[PDB]
Amino acid sequence: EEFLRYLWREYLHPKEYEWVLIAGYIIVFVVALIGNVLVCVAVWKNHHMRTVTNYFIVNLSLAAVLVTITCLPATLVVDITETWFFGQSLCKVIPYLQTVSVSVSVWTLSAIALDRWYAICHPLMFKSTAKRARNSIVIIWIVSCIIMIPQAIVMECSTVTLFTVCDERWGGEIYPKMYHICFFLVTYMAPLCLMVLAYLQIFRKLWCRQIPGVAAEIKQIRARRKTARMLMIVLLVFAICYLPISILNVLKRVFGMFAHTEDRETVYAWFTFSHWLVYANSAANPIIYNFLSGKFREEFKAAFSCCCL
Ligand SMILES: Cc1ncc(OC[C@@]2(c3cccc(F)c3)C[C@H]2C(=O)Nc2ccc(F)cn2)c(C)n1
């Protein structure tokens with residue numbers, strides 16, 4: 001019945017470019033799944049790629065796979081049909097997992113930046129242990145799961161031809177705004193500022209400093225320059241892809257914009273593009289790894305050769 005009502009709605013409100021959205025979501029799904037699985041496989045199969053940065057990259061790819069499997073189809077269905085179709089339990093699950101994984105990814109990138117800063121900029125050049133990396137990953141996951149509990153709490157399937165949509169139901173008109181201010185500060189603003197500061201210091205230390213005399217330090221500097229360039233490009237892509245969705249969420253929840261405007265077409269186009277951009281970044285990270293890491297490129301080629309021959 002709900003599907004029939006969608007057919008009535010989509011007929012009376014015909015959208016021009018649903019097919020390009022479907023094609024883009026399918027391409028993003030396939031590319032993200034393949035690339036993140038290949039990243040995990042490449043790091044886990046070989047030991048020369050087993051670095052703390054690569055452990056954090058593996059955690060990021062695991063979160064990306066979780067989002068791609070559990071959250072991408074639901075987001076596509078909601079953006080196409082504007083209805084939920086999945087039920088109260090799946091609704092309390094899927095946005096919760098999506099927000100948890102977004103926090104996990106941003107704080108994993110922050111952990112990478114902090115470890116690189118400790119190794120490069122700190123006067124002691126700390127070398128992190130695998131125990132510390134695994135503990136950091138575990139605490140990131142636990143904190144992300146804890147802080148997103150109210151997000152899963154406020155998800156409700158409203159039933160307001162009409163449609164059934166799962167959205168955020170709050171008691172007051174102030175609590176959502178404070179919660180979303182905190183959400184924006186935790187997921188996008190503060191981690192991005194800290195990572196920008198850390199990578200600016202790293203860039204000064206690696207590209208604005210004299211070349212040492214010891215050959216081992218020279219090789220270390222070259223390797224760290226390549227890795228830091230890859231990390232900075234990954235951070236820039238992440239910031240670009242997550243800027244629109246975070247800004248739109250702030251404008252809709254905190255400032256209460258897009259409410260009294262009857263121009264839902266442009267607003268919905270921007271919202272669905274921002275939704276697509278998150279999964280697009282999830283798909284683009286492995287491509288960045290392939291095009292900026294020689295070891296990752298070689299291991300992707302090796303995995304392709306094994307799977308195809
Ligand atoms: C359709 C759809 N609606 C809202 C969406 O994002 C809205 C939210 C969000 C804000 C800022 C950054 C984020 F990263 C995610 C609040 C999260 C949610 O409610 N997440 C959520 C909701 C439904 C869903 F299927 C999956 N995730 C998405 C991304 N897709």
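In what follows, residues are counted from 1 in the order of the sequence shown. Whatever order the structure lists them in is the order used to number ligands and atoms, beginning at 1. FYI, side chains are in, hydrogens and waters are out, and symmetry mates aren't considered; it's all heavy atoms of this structure.
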**Student:** Which drug does the model show at ligand 1?
**Tutor:**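 Its PDB name is lemborexant.
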**Student:** Which protein or nucleic acid chain has the most heavy atoms near lemborexant (ligand 1), under its name in UniProt?
**Tutor:**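 Main partner, per contacts: Orexin receptor type 2.
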**Student:** Find all residues with any heavy atom less than 4.0 Å from an atom of lemborexant (ligand 1).
**Tutor:**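 On a heavy-atom basis, the binding site is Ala74, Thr75, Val78, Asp79, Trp84, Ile94, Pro95, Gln98, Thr99, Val102, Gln151, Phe183, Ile245, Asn249, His275.
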**Student:** Which transmembrane segments of chain A have some heavy atom under 4.0 Å from lemborexant (ligand 1), with segments numbered from the N terminus following UniProt?
**Tutor:**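 Going by UniProt numbering, the segments with a heavy atom that close are 2, 3, 4, 5, 6, 7.
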**Student:** Specify which UniProt suvorexant-site residues in chain A come within 4.0 Å of lemborexant (ligand 1), measured from their heavy atoms.
**Tutor:**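 Going by heavy atoms, UniProt's suvorexant binders that qualify: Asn249.
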